[PDB]
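Encoded as structure tokens, the structure appears first; notes follow it.
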Protein chains: 2
Amino acid sequence: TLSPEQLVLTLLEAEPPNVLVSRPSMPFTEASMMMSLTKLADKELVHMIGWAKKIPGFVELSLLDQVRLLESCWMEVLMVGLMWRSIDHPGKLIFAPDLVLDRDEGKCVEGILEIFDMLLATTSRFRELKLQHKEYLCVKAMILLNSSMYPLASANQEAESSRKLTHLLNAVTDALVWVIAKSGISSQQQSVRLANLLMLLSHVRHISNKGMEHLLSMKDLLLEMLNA
Amino acid sequence: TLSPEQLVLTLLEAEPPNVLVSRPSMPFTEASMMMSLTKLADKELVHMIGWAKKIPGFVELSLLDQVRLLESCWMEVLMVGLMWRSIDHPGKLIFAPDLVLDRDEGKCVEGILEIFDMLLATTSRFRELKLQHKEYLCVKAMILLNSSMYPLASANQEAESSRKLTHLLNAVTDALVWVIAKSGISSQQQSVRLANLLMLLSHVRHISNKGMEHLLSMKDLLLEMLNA
Ligand SMILES: O=C(c1ccc(OCCN2CCCCC2)cc1)c1c(-c2ccc(O)cc2)sc2cc(O)ccc12
Ligand SMILES: O=C(c1ccc(OCCN2CCCCC2)cc1)c1c(-c2ccc(O)cc2)sc2cc(O)ccc12
């Protein structure tokens with residue numbers, strides 16, 4: 001039962017180190033673009049487990065829950081960081097400070113331009129809302145905790161997991177409410193802003209689902225990194 | 001610029017007629033279960049366009065936006081009504097008053113039991129939150145208006161569509177906030193409840209995505225019904 005400022009301060013401190021990758025500097029189509037992307041993701045996934053372990057309450061979940069949450073929201077988590085990095089750069093996807101792809105460079109891979117457009121539009125919604133860093137922190141932690149687990153346990157086991165996850169999501173909501181109240185907008189505007197940010201969660205989920213199907217059409221040590 | 005009570009009163013009045021279908025009364029596996037399901041959905045989709053046209057602001061959207069919203073959220077809309085119908089019936093999916101399938105009867109179709117479990121768990125979250133009818137109305141209207149449109153227009157055209165849709169989603173948020181405030185819970189609990197309901201939107205999106213892929217692995221008159 002800690003405060004919203006504690007929780008947001010732990011989130012800021014848990015932020016992974018920005019992963020530096022460089023363009024291959026020798027333009028490629030499907031081959032090198034994805035190759036660099038795959039190396040970037042893999043570095044980011046190593047830091048994602050370290051960050052997940054610092055989200056308040058996450059390590060008090062069973063390891064079975066921890067593993068399932070991460071297995072279903074890793075791409076959403078990757079995507080929302082890409083969106084935040086690209087927010088102040090209309091038309092480009094800043095995958096890393098030295099790996100900035102423009103919208104039309106997505107024509108090189110197998111139908112990734114419509115996925116890149118989804119990502120740019122979600123990024124524009126964030127820019128339009130003027131998403132603040134602290135709001136972004138709550139939203140990313142909420143993507144991990146509101147993840148769908150699969151496969152499913154019995155209805156009774158699932159309910160126990162849900163109760164717990166719901167208690168942790170409520171602490172993050174309290175912190176986001178608190179972050180929103182510091183802007184001094186009215187009560188009505190504070191609910192609308194809470195709602196605007198939460199509704200983009202369904203868009204991040206949708207893009208992730210597409211991205212995963214898209215990666216899979218072109219193509220287990222979690223615990224080891226988790227218990228360390 | 002009408003009131004939240006106006007908007008919720010229009011939602012209640014726009015509710016489609018409950019579609020009655022009966023079990024074939026002669027048990028079948030993959031054949032008849034899906035056959036009945038397909039007829040049920042098709043009747044419901046006819047009423048879904050009539051209901052969409054009554055959501056405040058929907059008909060003031062261009063027909064291109066209207067068509068894209070409905071093309072991407074129809075399964076979510078179907079699913080959330082099924083969830084609401086099944087809410088007070090643990091273990092069963094009430095697809096229609098005379099078409100009540102128990103959890104284990106999903107073993108008859110091609111891997112639909114895990115999809116049926118997703119639906120039952122989302123339904124249990126709703127039951128656990130004690131979802132009220134008026135809250136449900138706002139949530140279903142929000143699924144239609146927060147739908148992803150595809151394919152995407154230019155970044156500029158999309159922004160114009162987003163602004164408009166955002167204005168309509170804010171009117172629905174205002175109405176849900178108002179519905180929530182009538183329970184008399186505290187301010188803190190009201191935000192948490194707003195957030196609990198909005199976070200299940202991402203779960204409805206996810207299940208829809210699965211359901212669509214699942215239907216498609218086993219297997220254009222919108223405007224005509226829209227302009228009438
Ligand atoms: O390009 C990638 C990407 C590429 C390969 C990936 O996975 C590598 C495989 N790896 C195998 C072992 C288990 C972990 C995943 C993941 C993301 C990224 C994205 C993407 C875009 C469109 C699409 O259709 C699919 C994905 S989004 C993104 C954000 C990042 O910060 C990093 C990479 C990315
Ligand atoms: O079984 C269906 C269902 C069956 C056929 C459907 O589509 C019929 C095809 N029709 C073709 C013309 C365009 C409109 C769709 C739709 C839903 C329903 C669902 C489902 C469940 C699991 C799964 O993997 C996929 C779908 S959920 C649902 C809720 C309803 O109220 C009615 C049917 C349903």
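Chain identifiers are assigned alphabetically (A, B, ...) following the order of the sequence lines, protein sequences preceding nucleic acid strands; residue numbering begins at 1 within each chain. Both ligands and their constituent atoms are indexed starting at 1 by order of listing. Hydrogens, waters and symmetry mates play no part in the numbers below; they use all other heavy atoms, side chains included.
As PDB records put it, the drug at ligand 1 is raloxifene. Structurally, the greatest contact with raloxifene (ligand 1) is made by what UniProt calls Estrogen receptor beta.
In contact with raloxifene (ligand 1) at heavy-atom distances under 4.0 Å, by letter: A. Of all the heavy atoms of A/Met75, the ones lying under 4.0 Å from any atom of raloxifene (ligand 1) belong exclusively to the side chain.
Numbered from 1 in the order shown, with element, the atoms of raloxifene (ligand 1) that lie under 4.0 Å from a heavy atom of A/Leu37 read 1 (O). Comparing A/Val80, A/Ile112, A/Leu78, A/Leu216 against atom 29 (C) of raloxifene (ligand 1), the shortest heavy-atom distance belongs to A/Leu78.
Which of A/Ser217, A/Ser36, A/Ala41 comes nearest to atom 33 (C) of raloxifene (ligand 1) through a heavy atom is settled by distance: it is A/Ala41. For raloxifene (ligand 1), the atoms lying closer than 4.0 Å to a non-hydrogen atom of A/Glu44 are 30 (C), 31 (O), 32 (C). Close approach of raloxifene (ligand 1) to A/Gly211 is summarised as follows: ligand atoms under 4.0 Å from at least one heavy atom of the residue are 23 (C), 24 (O), 25 (C). In chain A, the residues contacting raloxifene (ligand 1) fall mostly within the UniProt domain NR LBD.
The shortest N or O to N or O distance between A/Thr38 and raloxifene (ligand 1) is not below 3.5 Å. Under 4.0 angstrom from raloxifene (ligand 1), there are no non-hydrogen atoms of A/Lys210.
The closest approach between any non-hydrogen atom of A/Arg85 and raloxifene (ligand 1) is below 4.0 Å.
The shell of residues lying under 4.0 angstrom from raloxifene (ligand 1), judged by heavy atoms, excludes A/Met212. The contact residues of raloxifene (ligand 1), taking heavy atoms under 4.0 Å, are given as A/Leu37, A/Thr38, A/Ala41, A/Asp42, A/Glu44, A/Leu45, A/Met75, A/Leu78, A/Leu82, A/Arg85, A/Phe95, A/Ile112, A/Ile115, A/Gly211, A/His214, A/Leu215.
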